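The lettering of chains (A, B, ...) simply tracks the order of the sequence lines. Just so it is clear, chain A uses the PDB entry numbers, and the residues here are 1-16, in order. Chain B is numbered as in the PDB entry; shown residues: 1-16, in order. Residues carrying modifications are folded back to their parent amino acid or marked X, and whatever atoms they have beyond that are not scored as contacts. Method on record in the header is X-ray crystallography, 1.2 Å.
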Amino acid sequence: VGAXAXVXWXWXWXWX
Amino acid sequence: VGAXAXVXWXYXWXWX
């Protein structure tokens, strides 16, 4: 269902 | 900046 796996790209928010 | 890196989790949207 949909594509790839997950929701978004990476893990979190920003570049921390 | 922020937490982790990128946006959300994993890569894509769903489970293809």
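- The PDB lists the drug found at chains A and B under the name gramicidin.
- By its own naming, the entry calls chain A gramicidin A.
- Looking at the entry, the name attached to chain B is gramicidin A.
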